[PDB]
Participant: 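Quick one: structure with quizartinib.
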Number of protein chains: 2
Amino acid sequence: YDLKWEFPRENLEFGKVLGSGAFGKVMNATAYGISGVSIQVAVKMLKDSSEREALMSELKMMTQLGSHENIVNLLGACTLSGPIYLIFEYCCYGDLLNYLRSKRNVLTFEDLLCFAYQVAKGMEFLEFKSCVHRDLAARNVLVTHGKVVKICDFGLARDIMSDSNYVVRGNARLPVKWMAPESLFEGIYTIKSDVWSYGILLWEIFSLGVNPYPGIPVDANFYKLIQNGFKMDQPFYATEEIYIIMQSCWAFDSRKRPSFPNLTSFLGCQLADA
Amino acid sequence: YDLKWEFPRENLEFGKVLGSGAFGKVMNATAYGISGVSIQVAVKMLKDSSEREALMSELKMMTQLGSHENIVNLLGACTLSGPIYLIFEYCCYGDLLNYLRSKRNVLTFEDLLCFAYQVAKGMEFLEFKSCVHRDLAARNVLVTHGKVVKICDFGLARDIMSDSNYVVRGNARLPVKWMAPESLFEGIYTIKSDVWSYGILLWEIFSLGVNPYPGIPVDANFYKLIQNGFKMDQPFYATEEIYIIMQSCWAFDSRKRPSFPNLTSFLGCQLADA
Ligand SMILES: CC(C)(C)c1cc(NC(=O)Nc2ccc(-c3cn4c(n3)sc3cc(OCCN5CCOCC5)ccc34)cc2)no1
Ligand SMILES: CC(C)(C)c1cc(NC(=O)Nc2ccc(-c3cn4c(n3)sc3cc(OCCN5CCOCC5)ccc34)cc2)no1
């Protein structure tokens with residue numbers, strides 16, 4: 001743990017709560033001298049030592065990572081004289097899933113294309129840094145000024161007990177509709193697992209925030225539907241090209257899916273034309 | 001049949017034979033006053049009235065079609081005082097399949113990308129004109145000056161009795177490895193059937209002319225292999241992007257394949273980058 005991250009907690013001026021869960025929360029705050037004179041920041045904190053580490057493990061993970069434009073970037077932390085705080089960039093428009101739903105500032109197709117592009121840029125970065133995201137969805141992407149989007153993970157700051165998209169499977173509560181077959185049936189999580197999730201995230205964007213596999217519940221039939229190769233139909237705001245791209249992320253063989261460098265090229269092409 | 005097509009057969013100066021079959025042939029010739037003062041042309045002709053029409057039906061089909069750059073274009077015809085001739089543009093480098101094989105003028109990846117692009121341009125044209133090609137392969141594409149490629153059909157000017165890629169199935173001899181499942185199992189031939197063939201043609205280009213499904217013979221197992229969703233692995237000269245594109249042409253559902261306008265956009269993007 002580098003010392004340059006350590007930020008005076010007294011310089012933090014707390015505002016409203018941005019998200020809450022059973023383990024922890026994300027507050028909004030004003031931080032003096034971390035950038036102007038002060039900026040808006042988002043602060044992660046807890047509310048049990050089995051999770052005092054899971055935060056600390058997130059702390060060292062975010063510092064090793066390095067910054068990217070399409071990632072919620074760490075600015076500082078408080079880890080010495082009191083409770084642990086992780087200080088992030090503030091994304092004033094909240095998560096992408098709600099942002100899309102509320103937009104049903106006017107929203108164009110090219111914006112949709114941009115959102116998709118930036119997320120693939122951000123996952124390309126993670127691929128390079130050799131990370132996997134175990135919960136990649138639209139709800140785990142934030143929106144800031146200038147239609148910029150940043151990938152994040154609420155993790156302990158989301159109440160999964162009351163989120164219907166997290167389904168009890170085995171000794172856990174998982175976001176099943178976003179998960180790859182190897183994840184579901186072998187507990188495997190790779191960058192290509194993320195690619196499958198990205199495909200679902202594309203569906204989320206170009207449906208404008210419709211729940212994946214709409215009208216289909218998560219029961220015994222769903223797992224056999226996925227396992228027999230079921231794929232969603234085209235979402236309303238998808239072009240023909242995008243749907244094909246979206247479909248490649250859903251190859252049952254994880255080896256047959258595109259990489260994120262591939263996805264960035266495919267979507268870069270679409271942006272240049274659109 | 002418009003009269004502007006009618007060309008004086010005396011103005012034709014015949015050279016070598018460019019292709020032969022059981023029904024007819026394609027001669028090379030010099031035609032005076034059909035364009036310079038004279039040009040090289042390719043002439044289709046027969047060698048039985050059940051095929052005197054199949055040629056005449058090709059004649060009226062090529063005149064209704066209109067010209068495109070990536071199509072072997074009709075220039076004139078002789079249909080009044082003697083045997084029927086159809087006068088086409090001359091493509092001096094022969095068919096694309098041999099051209100690739102002999103190149104194993106130096107050949108670059110971007111040329112490969114261009115070949116693929118032009119063929120999709122040409123099939124996009126046919127799609128618009130509401131035609132299907134029932135035999136789309138690399139062997140049915142010609143190469144001219146400037147690395148330009150033009151789609152064609154030898155048809156009666158190819159000896160299928162001695163071409164191992166035409167397999168006896170039912171009461172016919174068909175190019176099985178290039179054929180879509182609906183074609184094979186329902187006798188259906190649509191523009192999306194052509195899309196599947198285009199996928200195989202891509203494989204041909206980026207393998208540099210390797211026979212599709214190499215090491216796999218056309219027997220009972222092959223039809224059940226295709227029917228159970230078997231797809232070729234990546235050809236040696238394919239990039240990651242191209243393979244994904246190539247794979248979309250092979251969706252078992254014909255409705256899930258890209259259109260040719262789609263393919264042109266996908267490959268146009270790749271050209272712009274490469
Ligand atoms: C990606 C990677 C590296 C794997 C990772 C990240 C990670 N860790 C994290 O991503 N941590 C983290 C950091 C910040 C946030 C976060 C949430 N919000 C903001 N930052 S800014 C914000 C603003 C919000 O609402 C504003 C008002 N809106 C408009 C009006 O209506 C209400 C909504 C709501 C939530 C919200 C979440 C998680 N650990 O690993
Ligand atoms: C597409 C559509 C509309 C469905 C269609 C087309 C259609 N009908 C047709 O496409 N007809 C047609 C017209 C021309 C040719 C043809 C063949 N060749 C040429 N034109 S120019 C040429 C030159 C060749 O060799 C030159 C020397 N090479 C280099 C040295 O080694 C030897 C080889 C060989 C073949 C050849 C084929 C078919 N009917 O419908």
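We name chains A, B, ... by the order of the sequence lines, and we start the count at 1 in each one. These values consider heavy atoms only, across backbone and side chains, with no hydrogens, waters or symmetry-generated copies. Order of listing sets the numbers, starting from 1, for every ligand and every atom in it.
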Participant: Under the nomenclature of UniProt, which macromolecule has the greatest contact count with quizartinib (ligand 1)?
Facilitator: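 The largest share of contacts goes to Receptor-type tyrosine-protein kinase FLT3.
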Participant: Which other chains have one or more heavy atoms under 4.0 Å from any atom of quizartinib (ligand 1)?
Facilitator: A
Participant: In which UniProt domain of chain A do most residues touching quizartinib (ligand 1) lie?
Facilitator: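 That's UniProt domain Protein kinase.
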Participant: Look up the source organism of chain A in the entry.
Facilitator: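 Per the entry, it comes from Homo sapiens.
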Participant: Any chance you can find the covalent attachment site for quizartinib (ligand 1)? Residue and atom would be great.
Facilitator: none
Participant: Which residue is it, and how far: the UniProt active-site residue of chain A nearest to quizartinib (ligand 1), by heavy-atom distance to 1 Å?
Facilitator: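 Rounded to 1 Å on heavy atoms, the nearest UniProt active-site residue is A/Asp135, 8 Å.
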Participant: Which residues overlap between the UniProt ATP-binding set of chain A and the residues with a heavy atom under 4.0 Å from quizartinib (ligand 1)?
Facilitator: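 Of the UniProt binders, a heavy atom is that close in A/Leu18, A/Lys44.
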Participant: Could you walk me through which residues contact quizartinib (ligand 1), taking a 4.0 Å heavy-atom cut-off?
Facilitator: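 Within 4.0 Å on heavy atoms: A/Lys16, A/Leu18, A/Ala42, A/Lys44, A/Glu58, A/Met62, A/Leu65, A/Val72, A/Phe88, A/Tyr90, A/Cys91, A/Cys92, A/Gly94, A/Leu142, A/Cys152, A/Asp153, A/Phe154.
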